[PDB]
Structures are given as C-alpha cells and as structure tokens.
Amino acid sequence: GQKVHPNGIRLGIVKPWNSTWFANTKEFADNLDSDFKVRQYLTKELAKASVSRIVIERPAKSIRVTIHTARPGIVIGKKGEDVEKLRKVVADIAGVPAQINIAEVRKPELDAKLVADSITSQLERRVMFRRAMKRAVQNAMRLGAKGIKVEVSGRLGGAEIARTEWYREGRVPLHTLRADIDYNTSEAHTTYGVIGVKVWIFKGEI
Amino acid sequence: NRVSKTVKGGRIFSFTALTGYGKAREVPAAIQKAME
Amino acid sequence: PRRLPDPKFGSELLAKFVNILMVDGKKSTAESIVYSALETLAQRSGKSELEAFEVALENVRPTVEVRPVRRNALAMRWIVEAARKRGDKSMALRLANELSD
Amino acid sequence: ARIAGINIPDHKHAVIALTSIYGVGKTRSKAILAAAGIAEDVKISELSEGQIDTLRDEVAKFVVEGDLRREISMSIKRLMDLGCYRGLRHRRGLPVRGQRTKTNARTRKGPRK
Amino acid sequence: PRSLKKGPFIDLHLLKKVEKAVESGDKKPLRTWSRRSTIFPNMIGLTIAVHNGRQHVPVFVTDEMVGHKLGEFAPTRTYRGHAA
Amino acid sequence: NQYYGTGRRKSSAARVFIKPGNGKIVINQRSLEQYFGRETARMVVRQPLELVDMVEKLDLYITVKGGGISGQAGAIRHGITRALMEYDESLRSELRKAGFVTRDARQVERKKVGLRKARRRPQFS
Amino acid sequence: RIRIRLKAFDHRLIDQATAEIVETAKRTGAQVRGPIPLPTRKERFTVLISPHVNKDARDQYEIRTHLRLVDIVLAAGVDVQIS
Amino acid sequence: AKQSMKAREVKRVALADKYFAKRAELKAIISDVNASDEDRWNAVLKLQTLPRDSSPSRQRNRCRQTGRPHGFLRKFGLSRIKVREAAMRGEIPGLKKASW
RNA sequence: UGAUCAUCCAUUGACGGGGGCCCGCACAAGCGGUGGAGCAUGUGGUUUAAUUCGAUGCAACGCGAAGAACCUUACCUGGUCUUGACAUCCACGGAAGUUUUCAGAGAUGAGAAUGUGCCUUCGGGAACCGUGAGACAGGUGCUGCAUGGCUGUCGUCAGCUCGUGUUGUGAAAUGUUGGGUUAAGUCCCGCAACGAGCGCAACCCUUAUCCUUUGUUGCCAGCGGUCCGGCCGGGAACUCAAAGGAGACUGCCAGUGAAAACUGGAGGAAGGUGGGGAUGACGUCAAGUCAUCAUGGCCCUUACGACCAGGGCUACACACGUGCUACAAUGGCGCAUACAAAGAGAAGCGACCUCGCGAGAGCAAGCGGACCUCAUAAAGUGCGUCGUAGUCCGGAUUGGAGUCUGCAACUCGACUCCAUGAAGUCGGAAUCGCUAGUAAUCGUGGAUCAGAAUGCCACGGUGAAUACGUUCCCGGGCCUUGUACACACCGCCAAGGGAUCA
Ligand SMILES: CN(C)c1cc(CNCC(C)(C)C)c(O)c2c1C[C@H]1C[C@H]3[C@H](N(C)C)C(=O)C(C(N)=O)=C(O)[C@@]3(O)C(=O)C1=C2O
Ligand SMILES: CN[C@@H]1[C@H](O)[C@H](NC)[C@H]2O[C@@]3(O)C(=O)C[C@@H](C)O[C@H]3O[C@@H]2[C@H]1O
Ligand SMILES: [K+]
Ligand SMILES: [K+]
Ligand SMILES: [K+]
Ligand SMILES: [K+]
Ligand SMILES: [K+]
Ligand SMILES: [K+]
Ligand SMILES: [K+]
Ligand SMILES: [K+]
Ligand SMILES: [K+]
Ligand SMILES: [K+]
Ligand SMILES: [K+]
Ligand SMILES: [K+]
Ligand SMILES: [K+]
Ligand SMILES: [K+]
Ligand SMILES: [Mg+2]
Ligand SMILES: [Mg+2]
Ligand SMILES: [Mg+2]
Ligand SMILES: [Mg+2]
Ligand SMILES: [Mg+2]
Ligand SMILES: [Mg+2]
Ligand SMILES: [Mg+2]
Ligand SMILES: [Mg+2]
Ligand SMILES: [Mg+2]
Ligand SMILES: [Mg+2]
Ligand SMILES: [Mg+2]
Ligand SMILES: [Mg+2]
Ligand SMILES: [Mg+2]
Ligand SMILES: [Mg+2]
Ligand SMILES: [Mg+2]
Ligand SMILES: [Mg+2]
Ligand SMILES: [Mg+2]
Ligand SMILES: [Mg+2]
Ligand SMILES: [Mg+2]
Ligand SMILES: [Mg+2]
Ligand SMILES: [Mg+2]
Ligand SMILES: [Mg+2]
Ligand SMILES: [Mg+2]
Ligand SMILES: [Mg+2]
Ligand SMILES: [Mg+2]
Ligand SMILES: [Mg+2]
C-alpha cells in the first residue's frame, strides 16, 4: 500500500525544514510563492551544478538562500561571478535583499537527491536501468551508507507494460522515526514517457 | 533456463544457468553461483 | 468476546435500575423518576423502599439456568420495559404501578 | 364561547383556545388577550359574557376565517392568472420556493404514483 | 428580496430601452437578456422579449406584473411529463 | 494553618483549602447546596470527610474551574482527599481504598477522520 | 517599560533568542522581569491526500506558533515585537 | 487549470484593484441613511455600469502553482495537493504532521 | 506445464459444502439506529437546448466539490475573435496611464479630451501598450489498458523474503516448520540450519501525577484598603501558561510454568501495550485519477482554441444510498438560575450605547489578541402550566410582509416577522454502529467562504447497557490433506455437495 513521505514524518524529529522563516497569515502565502519561484529558478539554472538542497531563511527584510551543491566551483564561478548574478535574480524574484550562500555536498553518492538525479540523467542517455540502479547502490554502500534503496518505475527499457523495479542494500528502516533517512525523488523524461526514481539513503539512527 | 514458482496473486520468475547449477532472480547471479 | 452505591439507600441494585431507566445520559432525570416511584410505592404498600422493590423483583426474576446477576438485570429490564408500555401519565407512576403489579 | 363562527374550546386556556380561529396564531392571540385585558391562562369557560364580546371585538381588527381564506385563495389565484413561475408551480402542484424535486417534494406532490 | 433601502433593480440599458419606447411610442418588442430587472409601472403595455436561455419569450406587461422580475415570465426549463 | 490540595477530573480543576472548624463549605463564594444542585454532586464532595469521620471538624474554602457539575464535584473530591493527606498521612491508605486518591484519567476521546464521533462509524449498505 | 514579544515556529529557537535579549539586558543593569511562556497557538489543517475521491484518506497538519513575553523594568525565523 | 482560466483570475484581480475606491464610494451612497433618492438612484445605476469583474466576489481563490479552484487553503495560497507535496518536502515552515 | 521431471381552468500456489488450531463489535449479549414519515444531500433513471466531466460490489453514491445565484464552469443557446485570453522572438508605430462620450446584453467598436513622465555614455532607452509576420501559443480533447506522481483496498492483518549452507535429478525445499507463549514470524525452547532485510515493538505527538524555572495579558492563599469588582496597593502561594526534568521497567512480591510468559498482590496519579493518535511490509485488484499537476502517443488548430451575456449543473411519473427533524409527558411551553472545552479574527472579529417585534440598522470603543471581539454553552436545576389529545406533540407546505450579503438573490440564498399548521402515534422483509468517558444525547468551534451546512473537520458537558461463550454468519491468520484448477472455483474434478478420525 501507500507510505508516508520519509522526510515529512521526521520533520522536527531528526530532519530540519528547508524553509525556516516566520510569518503571520498575511505574509505566509506570498512567502511560500516567492520561495517556490526562487527554488524553481535555481533548480533550472544549476541543473548541471549538482544541487541537492535549497534552504531559504527570511531575516529582517531579507532572503538568505543556502544552496547545497556537490560542485560549488560550478555554482560559485570565477571571482564569485556566478554567485553574484544568481543573487540579483533571487533579489528580483523575492522583491527584497538577498544573500546566496554556497554549501558543499562532500559525498554526492550519499545524497538522495543527487543519486536520484544521476539515475534520471543516465536513463535519459538510454543507459540500461538495472546498471544505473546497481551502480547507485554500490557507490553509496562503498562510501559508507548504512543502507540504500533505489526504486525505478515506468516503461523500463521502453517496454509497453510499465513496471516498478527496486534494489536495496543494508538497512532502510522507514518506521524508525529516529532513523536518518535521506529520501528524494527524480523524473526521467524519456522517448517512451516518464520514469520515476525514488532513492532512500539510511545514515544511522540519532 | 527461466523457471517459476506460483504465489498468491502471481508467479515469481527465477533463472538457472548450467555452467555447477545455480539459481537466482537475476541471470548474472545464477552464473556466479553455478561457477562457484 | 473470543478472549457505585445509589446515594439515597446504599443499594447498587437501585443504582443499576436508574441506569436501565436512564436515556441519553440524563441520569438526574432518571434518579428523580425512580425515587418518586419508590416513595409512592412505600405509601401504597408500607415498607422501607427496598423491601417492596425487592419483593417486586422476586416476582419478575427469571430462573438454560439464569445466574443471579443476569437474573436481577433481566427483572429490572423487564420492569422498565413493562412500565414504559403502560398508559399511566408519568413514568414515575407507570413505574410505581408496574412495581405494585 | 363562539368567536367569529368558531366554537372556541371552553376547557382550554384563553391563549390556546384563541388559536382555533383561522388567521390567529400564538402571537396574535396574546396580542388580543392583553389588549382586551384577559389573562392568557384563564379558561374560556370562566369568562363572563361581556369579556367574550371584548374578545370578539379585538378579532374584528384582524382578518380571519372566511375573509382570510378568500384573501389566501385570491393571492394564489393571482399568481396562476399572472402565469409567473410561482403560478406555474401552483398550477402543476410542485414546490414553489425553489426546493428539490428530484427526491422529496411529497408534501406538495402527494404519495408516490 | 432586495432591501427596501436600496430600492428596485433594473438594468440601465433596459431602463433606457423602456424610456426610448415610451418617448417614440414604439410597440415593436423590446429584446432583453435582463431577467433580473424589476418590472416598473412605465413598462405597462410594452411587449418585452425576455431571454430564457435560447429564445426571447414575449411578455406583454400588465399591472399585476409590476414589482416582479422579468425572468418570472420566461421559463428556462422545458418539461412536458415523463413516460409521455 | 491551612492544608491545601489540588483536584482534577475531566477538564475541571479544583483548589481546596482545609483548616479546622465547625464544617462550612464555600465553593466559588457559594454554599455547597447553592453551587451544586444535584445530590450526586453533594454526596461526592462529602464522601472523603464522611470516610475519615471529620465532617464537623474541618472548614473548606474551595475554588473550582472548568468541566461540568459531576466533573467539578469529582475535581473537588480529589482536592479534598489531597488536602486530607497533607493534614494527616494516616488517612492515605483508607482514602485510597475508597478509590479517591486516583486521578480519574478518563477523558473525552478525540473525534477522528471518517468517523462521526470517536468510534461511531457512518452507516454501511 | 520595555516589553518584548517573541514568536517562533520552533521552541528551541525561541528560548535561545529569549536568552540573548534577557542575558544582554541582565548584563547592562536593566531590571529583567522573568521570561513568560504564553499560550502556544496550535493551528491545524486537514487535507484530502488522493487527487480524486477517497474522502476518508486524509493528513492532519499543525503549525505551533510559540510565544514568549519578557518585561524590562537574533535568529532568522524568531519574531520580535518590542513595545 | 487551463491557461485562460488562470488569466481570467489575473484580469479580475487587476480590475478589482483599479476600481476599488470608485466602487467603495458609489456603494457608500447606497448604504447611507442620510441621502437623496436621486443620488442613490444615480449611484445604483453607476455601480452596474462598471466592469462586473471589478467586483471582488467574482474572484475564485486558485492554487498559485496549478490553478486548481477546489481544495484551496488561505494560509498557504495552495490547493490541498500542492500543500501536501510542499509540506512533506519541508518547504512550509513550522508545518508538521499533527497528532493529539 | 505456472514451473518440473389553445389548454391549469512430483513441485509451488489457489481452491474444497476436507480436517485441525486461532483472531477481529464477525457472531452472541446489550444499547441506539437505518428500512415506514417529512425534509436535506448524493446517485441511478427519466427529462432537457444543456441538465458539464469524473467516482460504480465490499473498496462509487453528504465521493473529487473545504461550500454551482453571476463568477466558479469544464455544459447549452445565441453573440463574437483568429499568432490569438495566456509566452518567447522580429519589424514598425508608441511613454505609461487619468478622466469621462456614444452604440451594444456584453464581448467590443467608434471617439473626444488629458498626461507625454523617468533610466539616461543627451547615448539610449527598458517599463508597459498597439498594428503586422509566422515560427508557435492554446486544448478540463482521446487513451489511467502507453505512464510518473498521488490514492483506495486486503489491514495495522502478521506476514513477506534474501545471503550462505544443507536436501532434492529438477520445479523447489529448509530457515519461516514444531512445543508453549504473545496484541504481534512477540518471546522462549527444540531444530541442518546459521544469520540478515522489510514488516511487529521501540524511538515521535497528545492525555493522566509530581518537581524545578518563570510570573503577564493569566493567578488570588496571606496581608492593607475598597466604589465590594483581582477593582486597587500588593503576594509568587495556588490555578494556569510552557520550557526542562522525574515517572511504569513485569521493576518489586507471591503462585503457576519445562524458560518465555501467565494469574493475583503491594506501592503508585497511572500496571502490564495505562488511554488516544501518527506510523500501513512484499504484494493484490491492467482498482481510482491523462479534469490538481506532470507525461509517451494520438487528435483539433478561423477551432475540440479564445472572449461575452443569458440559461444549465437546482429539471422530476420514479428507484437506491447517506443524513437531519419527529412522532412526545424521561416531554412541550413560560419564567428564573448553575457549570465547559476548543478555536477564529485586519477590506477582519466588532463591544458598549441608540433604534427596530425580530432578522438587523446607526453610532463607535477595543483587539494582529492569556488583554479586545466573535460569545448567554446546552442538556441541567427550580417553580409554573399543559394532562395523553394528532394535543400547547410535530414544523413540512403555502400566502403576505421584511432583513442582510452581493453589480445581481426570477430561474436559484440565508435569515426574520405575522399567518398557515402536511405527513408522522416508534416503522415489513431486511439491515447498520458501538466494548467506556465508548454508545446515546447535549450544546460549542473551525476550515471552504461576499453570502450560502442537516455535510465535513475538531471541542467539551451529561453519561449508560452488555459480553455466558466461538456452535453459526462475514473478513483474516497458521498448519495439514484432496485436486482433472493455474484465466487459478467468478476455475475446469474438493467427501464436487476417495476424503474424514481432531
Ligand atoms: C473490456 N475490458 C476487458 C476492458 C478494457 C480496457 C481497455 N480499453 C478501455 C476503453 C478504451 C475505455 C474502451 C480497460 O481499460 C478496462 C477493461 C475492463 C474494465 C472493467 C471495470 C469494471 N467496472 C467498473 C465496469 C470493474 O469493476 C473492474 C474490477 N477489476 O473489478 C475493473 O477492472 C474495471 O474498473 C476496469 O478498470 C476496466 C478496465 O480498465
Ligand atoms: C490479511 N493480510 C494479508 C496477509 O498478511 C497475507 N499473508 C498471509 C499477505 O500476503 C501477501 O504478502 C502475498 O504474499 C500475496 C499478495 C496477494 O498479498 C500480500 O498481502 C497479504 C495481506 O494483505
Ligand atoms: K470550476
Ligand atoms: K497510476
Ligand atoms: K523427490
Ligand atoms: K537458501
Ligand atoms: K475505485
Ligand atoms: K496524455
Ligand atoms: K446559472
Ligand atoms: K429546484
Ligand atoms: K442531511
Ligand atoms: K435515510
Ligand atoms: K401543534
Ligand atoms: K438566487
Ligand atoms: K487447505
Ligand atoms: K471422488
Ligand atoms: Mg389558528
Ligand atoms: Mg462528545
Ligand atoms: Mg462521508
Ligand atoms: Mg495546463
Ligand atoms: Mg466565490
Ligand atoms: Mg448481535
Ligand atoms: Mg426513511
Ligand atoms: Mg469492481
Ligand atoms: Mg454558472
Ligand atoms: Mg490502473
Ligand atoms: Mg511463510
Ligand atoms: Mg521479528
Ligand atoms: Mg526455529
Ligand atoms: Mg510500529
Ligand atoms: Mg496491582
Ligand atoms: Mg481500469
Ligand atoms: Mg474510470
Ligand atoms: Mg477525463
Ligand atoms: Mg457565464
Ligand atoms: Mg450537482
Ligand atoms: Mg410546538
Ligand atoms: Mg470562521
Ligand atoms: Mg488566537
Ligand atoms: Mg394522518
Ligand atoms: Mg475493539
Ligand atoms: Mg501467527
């Protein structure tokens, strides 16, 4: 049957929020919609730059966007050229002053979003799905995940009948609330249609 | 040689490869077992 | 499955009786009806209100063998059921008349 | 008593007994009684003959009985002659005030044909 | 019903239509979609062709009609019985 | 000297101040019989002092907030027993044997999605 | 009187921000009357989780808005109204 | 929702803001106790001749992401579906699964 | 072969009416309902110009819709537009925009004034408009049986598997079975298995007790007054608020047991999972959703796209589902008078006061709230009245007269006033919910929302009855056996109406 979102259920238990501002009802919806337009802009611009997470704070008349990226050199650029010109667009979008900070994902093979994006990248190059899945699981366990599960669903290998296929290695205890389960998804847009990727990475209990 | 076990609601398709004699849900694992 | 004293007389049997008579949680409404009925009963009989109530139960109490908790439970349920059917004007008097009979 | 062609019940309170007149509900009743100056809860039997004449007086201020029935009948008859939507609902014997007819509407329609 | 404070609603386009009909003394049917417009006294004697959703239904205005809406005289749904 | 106890029952909370005397009962600046109408309430408030045989030896100023008549009477009783245990701790065992020292923890179970109430399901056909 | 109202969606965050204003006011010689935990608003929301039908399938969410007052006789996402 | 329907909502918001004060003025005459019947009559006939879409009640709250006109929630500005997706991704501050 | 060897007038499953052992408000025991009535609401059908589309046994039918008068709106009728309502790109025109005029249902068209700013290499503009261009936009069109995502369902049931080893020619088997035990593949013991993964449990939220900290907007025990109101000076006790701790472990005791556990006892606010919630294994039904969104393919492109007004989604011989209100006296009515919790609020909640019979209106404080407002809890209790009547029960329906929201309540709102006073007198076969602060009943609040709940989501008050038991019905678990089933009994022979022997 259907399952609770692993990130959602653990918010405030072991997982932090990605938006951390305060607002009253009058400012709340506008802040969500500006946050949406910020995250949308950056996800597009930094499609090649290995973006895992976009954390948004809003201090006193400001937006602070922290971009968690495995390739900070690509995001930052030369003399912080690229940081500064993202920062203008974010400040335009949010309609307030903006700092962009660039945080580094040191182990991208342990980042659920980066792993999911890698698989969907490979699926769109017409890499065989089983190979892409196996490589993800092996990489994460090599780099010291206590477990990983990868699910791929859709018209796998352009088959007529859609299928779900998954591999797991190690522990992925989804009912354990204190389990540090990084969970994220991605979509591969193929010639045959959408294939969904789901990745769960377990990094010990807290 | 693909073989099958029936279960409630379907069938589990498995593979066997006469190289020894192994058995696995994937083909390459069956070879590794059979070679071992 | 597969695996409190009434505050006027100290008889839990009457506390049960209030509960059987009670409808919709209205326990104070039930209590008044029963006490009114017991004093009425006593005036047209001449005992302490439990003795007449207990003699009234003895005639109803059914004897597969009924065990004595279900026995008094059935009696009281049948009394209340019998009382509610009648064409006396209030439930207090319906109950008093049914208990008398 | 007899007030406006209706034999008003003698063993009822004046407030209640007066509602037996068509065109007189509970509030017009209490209005009549407090104007004529009889208590609501006094029985119609107990009133002296002069007091009934005062009750008969206060009801003549209102439209009642066959005056009202003509008045009601004329209102409904105007609608049908007018041939407005309300009049068509009167004509067909359906709900007049926008109610559901897919189900229910049995007060107006009668029992199921 | 509309509050007495606010008075009676008619559409301005219709109020002008009806005035022009009186001034000129024309009896050619006045075509309107304003079902929600109240019938005023100066309507009397005009035929007002009221839209019912597909057709303009003529309403020769009478004195009994005044105070009612125009759309009261243009039924929208067609029903001629079931099993018939 | 006053010996205090809090009492609680459903959504009710009761502040009870016992001290020696002839046996007045104030509940929110009203007598017992003005405050509580029902005789089930009034027994329940005297149950503890009836038990310990100190009906006419102890005055009682009570405040009570929240809940209803039986809840508040139950809150009051809890507080009187809690006040008595502060006065004399020989009375604990006997008051516990009367079942008074227990905070009746039974509360209104919440309404739930798909059910009309806490447990009442909608009708099936 | 300097009267400090703090709101936050997180209670660890509000107690820290409180502790900054409070201890800082204590350092100077302003008479801090103690920090007062006011009632947390638990705002609640119930949504259908299916895109279509399945009316009994729902999620229930809550935002807890924590509230602190401190009288005198910061982290982004802590609210501050000093009157 | 279709692109046209989202664009209808934009147009209605803009006209509501354009005529807000002009609508408020004309309505205030119609509500007023102490006024002429001629000015009131005029004021009734002016309020109708404005764009219908300048009335605020012609606006439907839509999901800001999708345009869905059902299941809207005011605090988030989103439908039930996009609220849920954002909630579970940790994108709505303070919002967590509730139990009590 | 699954695999293996005009009009009203041999293996694995599955299955058995084969066997054994179990569980769940499944039955039983109860309590209250549904089915009858009126009405609300959804659906079918029928009707219609249209009655938009979707959901269809359990698991569709107060379901998507947390709110269809216009809008929403997808539908119909009619009026309209064609690079376009919504984007980018290019040429050319041009500041944006502020008023009003006429025609038109409006869309829109034709005007006529007014403003002609501001960035600024005085070099330009880029802001936002218009005309033209064709690359394209657009589609709630089709396929949920091409898909992702999300969801229902078995069911919070105790299952489902793998590695390595061992056994079998092999499909496979073992572990996972067995003896107990448990809410539980829970735990223990035995055991060719040894371990592990996903489920169970725990970690999470809330509720029941205490403690520390803190003390306003909350609080009032002791003081000092009092306009007798925590109203004021005060107090920090107490209620409470909400941070941080403590607490429950079968830990203790006794008995039973071959150990796990079970049964009772102490203490304790709480006792065996304390109560409630969140949490939904591998899979099952080509289950639901291309109309939230996304998306392969197909299809439409002066139309299947787009704009407008009016109509429809509210139709009514009828059938079905879910509700509300009743049929009274355990009650109705009148008067007086107690005790809640939880929540919402800025184009918002709106007091006091004045006016209105009332819905409401006027005036106008306060409150982005422990302060102000919504905002009298109701059932209760007391006293009075009605006296078993189709009633002083019921409140349907209809007439007249209003109020309010809204450009607008004709189709088609809610509410009030006066009048009216229908069916209904406890509901056939059949059928539903519930095991305790539950059911039942009583109010209260909230989301959607201009307005529009009898629905939904939450909150307290009062507050039961009954459970001997598992034979039977329904769903499910484990083991074993028969099988001509594998689309898997909705099958194509089970005890087939050889099994069965516990
Ligand atoms: C003609 N057939 C075989 C068929 C064919 C297709 C493919 N083409 C369909 C279409 C293009 C709409 C003509 C289909 O897509 C489908 C079905 C069967 C239905 C049956 C339906 C049924 N009723 C609702 C009617 C039911 O209760 C059950 C059930 N399992 O209980 C179902 O499976 C269904 O819901 C269903 O989903 C179907 C199909 O998809
Ligand atoms: C009552 N719940 C059942 C039960 O747990 C079944 N196992 C005995 C279980 O079996 C499965 O796991 C299966 O193996 C087969 C599938 C159709 O159902 C799955 O879900 C089945 C569950 O739905
Ligand atoms: K719509
Ligand atoms: K799907
Ligand atoms: K063999
Ligand atoms: K094995
Ligand atoms: K379905
Ligand atoms: K498609
Ligand atoms: K309409
Ligand atoms: K209708
Ligand atoms: K209903
Ligand atoms: K019904
Ligand atoms: K009557
Ligand atoms: K209407
Ligand atoms: K069997
Ligand atoms: K045979
Ligand atoms: Mg009458
Ligand atoms: Mg309740
Ligand atoms: Mg429902
Ligand atoms: Mg779209
Ligand atoms: Mg609206
Ligand atoms: Mg039964
Ligand atoms: Mg019925
Ligand atoms: Mg089906
Ligand atoms: Mg419409
Ligand atoms: Mg499907
Ligand atoms: Mg098994
Ligand atoms: Mg286990
Ligand atoms: Mg074993
Ligand atoms: Mg669990
Ligand atoms: Mg014990
Ligand atoms: Mg299908
Ligand atoms: Mg379908
Ligand atoms: Mg569709
Ligand atoms: Mg329209
Ligand atoms: Mg409808
Ligand atoms: Mg009545
Ligand atoms: Mg509200
Ligand atoms: Mg609040
Ligand atoms: Mg009759
Ligand atoms: Mg149970
Ligand atoms: Mg078992």
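In what follows, chains are A, B, ... by sequence order, proteins preceding strands, each numbered from 1. For ligands, and for the atoms within them, numbers begin at 1 and follow the listed sequence. Method reported for this entry: electron microscopy, 2.1 Å.
Of ceritinib, omadacycline, tipranavir, sofosbuvir, only one is at ligand 1: omadacycline.
Lab note: drug at ligand 2 identified as spectinomycin. The largest share of close contacts with omadacycline (ligand 1) comes from the chain named in the PDB entry as 16S rRNA. Other chains in heavy-atom contact with omadacycline (ligand 1) below 4.0 Å, by letter: I.
Organism of origin for RNA chain I, per the PDB: Escherichia coli BW25113. Contacts under 4.0 Å between omadacycline (ligand 1) and other ligands or ions: ligand 24 (magnesium ion), ligand 32 (magnesium ion). At 4.0 Å, heavy atom to atom, the residues around omadacycline (ligand 1) are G57(I), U143(I), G144(I), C145(I), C285(I), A286(I), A287(I), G288(I).
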